[PDB]
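Bound state: Pteridine reductase 1 + CB3717.
We name chains A, B, ... by the order of the sequence lines, and we start the count at 1 in each one. Both ligands and their constituent atoms are indexed starting at 1 by order of listing. Note that these values count all heavy atoms, side chains included, but never hydrogens, waters or copies made by symmetry.
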Amino acid sequence: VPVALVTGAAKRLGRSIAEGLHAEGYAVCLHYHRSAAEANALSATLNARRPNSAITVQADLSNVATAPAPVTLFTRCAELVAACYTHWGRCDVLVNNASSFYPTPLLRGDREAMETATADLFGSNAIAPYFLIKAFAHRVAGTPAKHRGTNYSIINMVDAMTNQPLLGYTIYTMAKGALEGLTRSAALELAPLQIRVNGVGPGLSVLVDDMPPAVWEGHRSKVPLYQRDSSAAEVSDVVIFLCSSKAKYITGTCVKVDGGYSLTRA
Amino acid sequence: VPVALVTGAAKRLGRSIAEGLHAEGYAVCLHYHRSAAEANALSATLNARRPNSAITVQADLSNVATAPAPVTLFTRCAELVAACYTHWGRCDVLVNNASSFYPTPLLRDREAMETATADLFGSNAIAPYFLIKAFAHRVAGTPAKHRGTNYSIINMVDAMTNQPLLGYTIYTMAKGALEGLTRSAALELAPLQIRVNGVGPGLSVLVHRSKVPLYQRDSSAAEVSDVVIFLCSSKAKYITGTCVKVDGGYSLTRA
Amino acid sequence: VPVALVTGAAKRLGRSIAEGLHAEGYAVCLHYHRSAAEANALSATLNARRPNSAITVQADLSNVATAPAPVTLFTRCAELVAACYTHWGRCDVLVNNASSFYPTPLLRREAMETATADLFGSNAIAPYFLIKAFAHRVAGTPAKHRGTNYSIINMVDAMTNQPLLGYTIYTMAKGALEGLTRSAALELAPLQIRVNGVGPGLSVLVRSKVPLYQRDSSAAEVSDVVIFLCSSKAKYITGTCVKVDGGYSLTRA
Amino acid sequence: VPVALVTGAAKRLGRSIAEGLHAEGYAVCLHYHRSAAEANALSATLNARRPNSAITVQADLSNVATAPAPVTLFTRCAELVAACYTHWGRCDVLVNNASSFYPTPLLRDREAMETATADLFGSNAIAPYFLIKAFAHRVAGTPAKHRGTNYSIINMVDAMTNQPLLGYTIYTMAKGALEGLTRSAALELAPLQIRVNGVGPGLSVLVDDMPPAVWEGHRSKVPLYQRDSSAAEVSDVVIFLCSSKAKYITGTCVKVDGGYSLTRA
Ligand SMILES: NC(=O)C1=CN([C@@H]2O[C@H](COP(=O)(O)OP(=O)(O)OC[C@H]3O[C@@H](n4cnc5c(N)ncnc54)[C@H](OP(=O)(O)O)[C@@H]3O)[C@@H](O)[C@H]2O)C=CC1
Ligand SMILES: NC(=O)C1=CN([C@@H]2O[C@H](COP(=O)(O)OP(=O)(O)OC[C@H]3O[C@@H](n4cnc5c(N)ncnc54)[C@H](OP(=O)(O)O)[C@@H]3O)[C@@H](O)[C@H]2O)C=CC1
Ligand SMILES: NC(=O)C1=CN([C@@H]2O[C@H](COP(=O)(O)OP(=O)(O)OC[C@H]3O[C@@H](n4cnc5c(N)ncnc54)[C@H](OP(=O)(O)O)[C@@H]3O)[C@@H](O)[C@H]2O)C=CC1
Ligand SMILES: NC(=O)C1=CN([C@@H]2O[C@H](COP(=O)(O)OP(=O)(O)OC[C@H]3O[C@@H](n4cnc5c(N)ncnc54)[C@H](OP(=O)(O)O)[C@@H]3O)[C@@H](O)[C@H]2O)C=CC1
Ligand SMILES: C#CCN(Cc1ccc2[nH]c(N)nc(=O)c2c1)c1ccc(C(=O)N[C@@H](CCC(=O)O)C(=O)O)cc1
Ligand SMILES: C#CCN(Cc1ccc2[nH]c(N)nc(=O)c2c1)c1ccc(C(=O)N[C@@H](CCC(=O)O)C(=O)O)cc1
Ligand SMILES: C#CCN(Cc1ccc2[nH]c(N)nc(=O)c2c1)c1ccc(C(=O)N[C@@H](CCC(=O)O)C(=O)O)cc1
Ligand SMILES: C#CCN(Cc1ccc2[nH]c(N)nc(=O)c2c1)c1ccc(C(=O)N[C@@H](CCC(=O)O)C(=O)O)cc1
């Protein structure tokens with residue numbers, strides 16, 4: 001029985017990925033920051049379906065130190081991975097899904113806002129994933145060959161549309177670019193350990209409708225395939241496949257799940 | 001019971017892709033050019049496993065005219081797709097797998113230059129274009145209520161063409177053209193819900209490998225075909241116009 | 001005095017590139033297909049400004065045979081490059097600019113064969129043969145008598161990754177041209193022949209979408225980049241593309 | 001006389017870029033962190049060649065607060081740009097060249113890692129971001145009637161990051177982020193006519209702190225010339241992208257790698 005660690009697993013795409021992996025037989029460590037209620041509800045559902053098949057761990061993945069000597073992001077990430085080993089004695093899959101997403105305009109309080117966004121946006125999207133991957137790899141390396149799993153797989157949730165930047169989201173876009181870099185670098189360095197590292201990049205998935213219906217419909221209408229945003233499963237299914245043994249030759253690449261959105265022009 | 005058309009399905013990756021799809025329940029149209037024996041042997045196996053689940057069609061996919069007025073590549077491609085409709089009344093998946101691959105050095109005749117161009121460009125790019133056109137036309141001509149629910153076109157590309165193989169310019173160009181076809185076809189065919197994606201192996205079933213970061217070996221046919229099968233599945237119904245490299249990290253290397 | 005061969009040099013970008021190179025001191029071979037008048041007018045201007053600094057040569061770059069044994073595209077391409085050597089004894093720069101551009105819809109008949117040969121010929125196959133002919137001549141030239149700055153520019157397209165609805169063949173041909181750039185650069189490196197691409201977005205339209213200036217570009221705004229890539233200051237650049245699209249390729253629908 | 005701000009301008013490519021721009025008529029603000037001597041020697045040369053055509057500014061571009069309330073990286077970046085306006089009343093070109101480069105292996109303390117992250121990410125990505133922000137803020141605050149006619153930002157990226165260098169994850173990531181900054185900044189800053197492009201060297205003025213045969217093997221891998229590039233072979237491209245003849249280019253990268261990124265193992 002393999003174990004998967006999914007960050008930001010409480011709702012939306014994170015939950016779908018956790019459910020997807022759980023359906024495949026994985027025990028799942030559900031990470032969360034502020035959504036304790038949803039995360040615990042998910043753990044309860046999964047555990048009821050299969051005893052001892054889900055746990056939850058809380059952690060701010062922003063690049064800042066927390067209250068205990070202050071606790072660093074790295075430590076917090078190492079503990080995330082450790083929680084898996086302590087509870088199930090293993091960690092086969094890591095999905096870097098947690099991510100902050102808000103505007104950081106270059107054009108037009110301001111001090112803490114700019115410094116907090118950087119740590120938050122870059123922490124969740126890039127730096128935490130880096131430390132998490134490091135911790136994940138250190139545990140595999142420290143495991144005697146004969147006792148290692150046969151299918152280690154790390155999935156980085158990237159973004160199919162960052163090459164056509166979203167106006168006013170520079171830091172987020174930068175962090176995603178860094179995450180793409182982490183995928184390529186990690187794949188290469190971790191190859192000898194047979195740890196595959198790939199990226200999955202959604203375009204528009206379960207789009208939040210905090211706007212006039214016509215503006216919500218207009219956005220969806222842009223996606224060439226189906227003229228709609230995707231469902232959570234339409235993304236998570238791809239994540240699950242990349243984690244399957246049938247994908248054991250794939251590493252260091254990205255799979256876009258955008259219904260052709262990245263093919264469009266203004 | 002859906003139908004898949006697989007060009008160059010006689011051996012290696014093509015055969016694995018055909019077997020893969022067949023295992024999923026697809027009736028398979030096995031195209032071939034010169035490998036009649038192997039194609040028929042594959043058909044026999046597949047048919048024995050499941051009656052009327054496989055057929056074979058021969059066709060030179062090079063960009064030239066053949067003997068019947070002369071028959072053009074387009075016609076030959078249209079007849080390929082037609083064979084599916086004539087036999088099973090449908091064609092849900094098209095896998096552009098057939099491909100010539102040999103050197104066309106820029107640095108050191110006339111006949112072998114024009115034959116290579118038509119051959120390398122035909123199989124890798126032009127035939128796939130015509131095949132996609134024929135495929136789309138048949139779907140468009142089908143009344144909505146009678147259409148399939150999962151049309152998928154897979155273009156077998158190359159994960160290493162951005163790091164060209166010395167001396168293989170035409171092939172490399174043809175592959176680039178196939179990449180363009182993937183993006184263009186995906187966009188144009190979206191309204192008809194026909195997804196178009198690419199699968200790019202790096203080193204698969206080499207008849208060099210120590211340079212592959214993952215496993216330090218070329219891949220097996222299944223390691224590639226499984227990806228093709230997944231992209232054809234309904235679980236991949238939101239993926240279109242993209243490429244999936246199956247290279248074990250080879251495209252990440254430098255000299 | 002170096003020589004530059006510019007295909008489709010009669011008007012628009014081709015003409016601007018030819019003028020740009022000529023301004024840098026290049027003798028220019030202006031290729032054309034149907035635009036004889038404009039090409040000859042340009043030659044006259046350039047020749048008046050500097051005697052024996054321009055010539056014009058006609059050639060269909062479509063992948064078809066033409067009547068003088070039928071003449072193939074390769075031969076026609078080889079003669080294009082040869083014309084330069086015959087007249088000036090050299091060919092330092094080749095700019096693959098000539099290009100057909102029209103719809104080949106997949107949804108709603110030899111016109112498919114004429115389009116294929118035309119769109120693929122001008123955009124990809126002719127460039128391939130031209131590069132081949134160009135490289136041969138350099139290789140056949142004794143080291144001591146070779147130029148010091150061989151440069152091949154392939155006019156590509158900054159927007160083909162975001163295909164233009166209904167232009168599949170053209171888009172494919174451009175993808176092949178991109179492939180030719182990378183392959184040619186690698187193979188021709190030992191001969192010090194640099195091969196790069198320049199990809200305009202919207203230039204000299206026959207708009208409000210272009211993030212930069214909200215307008216298509218002028219011909220000079222593209223050709224200047226072609227000229228720089230041909231200069232000695234760019235001697236370490238090869239196998240890459242420079243987009244000249246004012247940020248258009250950064251947009252979404 | 002237009003002004004160019006060049007980070008890490010003391011030596012190597014930074015110096016070449018500064019010299020290049022200076023040769024084009026630009027007054028140059030030479031930024032440096034540790035190389036005061038080299039930077040001041042360069043300022044002297046440029047100033048002798050043309051009075052009041054160069055100044056130096058020191059600043060740690062790592063993502064850490066410094067001693068004067070502690071001073072943040074943003075403030076330090078804002079002061080860098082300000083120094084240009086205070087001295088010459090303008091800032092037309094910004095070249096994000098400063099960059100840390102060392103291994104951060106994934107496979108086998110507290111200070112070295114936290115310090116590496118802030119350093120590698122600060123110089124390569126975050127400082128560039130703040131610098132661009134500050135640069136854009138001052139242009140926006142300038143009345144259209146007093147604005148320059150050729151604002152240009154160049155981000156020094158890396159032509160080989162897509163084929164990562166074993167053991168350099170953070171650096172590679174930071175470069176990826178810099179690439180994202182280029183695309184995002186180009187789009188957002190288009191209305192102000194501020195072009196943003198990248199220049200990515202492959203192997204330039206390769207350090208020879210190794211056995212000659214090893215150093216030669218490394219260069220031999222580059223398809224064109226079989227050698228690393230000179231500083232000018234890179235800087236000349238930066239200067240071209242900053243010229244008015246490149247006014248339609250924005251949001252793109254120009255590889256200066258002699259075909260290195262075309263190779264396989
Ligand atoms: N949905 C879409 O259209 C697209 C999504 N993506 C990518 O897919 C992934 C998932 O998408 P989606 O479901 O929309 O993501 P969400 O926006 O819904 O956020 C996912 C989770 O990330 C967690 N998170 C955010 N910041 C932090 C942080 N500072 N520390 C720890 N956890 C944090 C949150 O957990 P909690 O609630 O517990 O606080 C949140 O639930 C993301 O990485 C995203 O970048 C890419 C393109 C498009
Ligand atoms: N194998 C690898 O390491 C790599 C493969 N690829 C791509 O994957 C795909 C399959 O690879 P692989 O199995 O090795 O392919 P093969 O080289 O084994 O050839 C596949 C088939 O293509 C057919 N074919 C060749 N030329 C023509 C033509 N003129 N007209 C009609 N059919 C033709 C042949 O059919 P027949 O024998 O019946 O005549 C052949 O069996 C190809 O598209 C290839 O480009 C990409 C990268 C690497
Ligand atoms: N303009 C733009 O917005 C864009 C242009 N580009 C590329 O830049 C390059 C130049 O652009 P532009 O000036 O608009 O090009 P044009 O469309 O104006 O065509 C250039 C020339 O190509 C020649 N040509 C066309 N077909 C053939 C053929 N079958 N055989 C020989 N010559 C042929 C024509 O020569 P003649 O008139 O003598 O017959 C024509 O003058 C092209 O490669 C184009 O693809 C890319 C993106 C955008
Ligand atoms: N040279 C090459 O082969 C390649 C270079 N590049 C890129 O090109 C650019 C220039 O290359 P190169 O000349 O080799 O760069 P260098 O490695 O020589 O360093 C450039 C300068 O960056 C400054 N710097 C480093 N860290 C900081 C920091 N923490 N805060 C402030 N300044 C800092 C240093 O200034 P000081 O000495 O004053 O402390 C140094 O002089 C870099 O961005 C590099 O990433 C990309 C690929 C290859
Ligand atoms: C907002 C949002 C979420 N999204 C998707 C999106 C992307 C990344 C994410 N990342 C994370 N962590 N969480 C998310 O919820 C998330 C959501 C959108 C992105 C782009 C467009 C879009 O293309 N709109 C037009 C805007 C037109 C205009 O303003 O001129 C465009 O073409 O840019 C719409 C929605
Ligand atoms: C030959 C062959 C089969 N192959 C695989 C290959 C690729 C595409 C195909 N395409 C098709 N249609 N059929 C094939 O059988 C096929 C096989 C190889 C490809 C690359 C290297 C390689 O990387 N060589 C060296 C140097 C490459 C270079 O010249 O730059 C290296 O990098 O290690 C070796 C073998
Ligand atoms: C037509 C034409 C010429 N052109 C420019 C163009 C491009 C390549 C060429 N290539 C050649 N050889 N000759 C040309 O004259 C030429 C001209 C255009 C290209 C794109 C759009 C455009 O982006 N239109 C839509 C998007 C279309 C889509 O989404 O598919 C938009 O909304 O902006 C408009 C005009
Ligand atoms: C180191 C370094 C600096 N560099 C160049 C480089 C890149 C970015 C920089 N960035 C910054 N800021 N400063 C620099 O001095 C700098 C230097 C190199 C990069 C790649 C290889 C290389 O091709 N390595 C081969 C090794 C081959 C082998 O030994 O088997 C490889 O496969 O990766 C060598 C040197």
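In this structure, the ligands or chains belonging to CB3717 are ligands 5, 6, 7 and 8.
Chains touching CB3717 (ligand 6) with a heavy atom below 4.0 Å, listed by letter, come to B, D. When chain B is restricted to the residues UniProt lists for substrate binding, none turns out to have a heavy atom within 4.0 Å of CB3717 (ligand 6). In chain B, CB3717 (ligand 6) lies within 4.0 Å of these UniProt NADP(+)-binding residues, judged by heavy atoms: B:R12. In the deposited model, no covalent bond links CB3717 (ligand 6) to a chain. Heavy atoms under 4.0 Å from CB3717 (ligand 6) belong to B:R12, B:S99, B:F101, B:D158, B:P164, B:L165, B:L166, B:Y171, B:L203, B:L206, B:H208, B:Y250, D:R264, D:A265.
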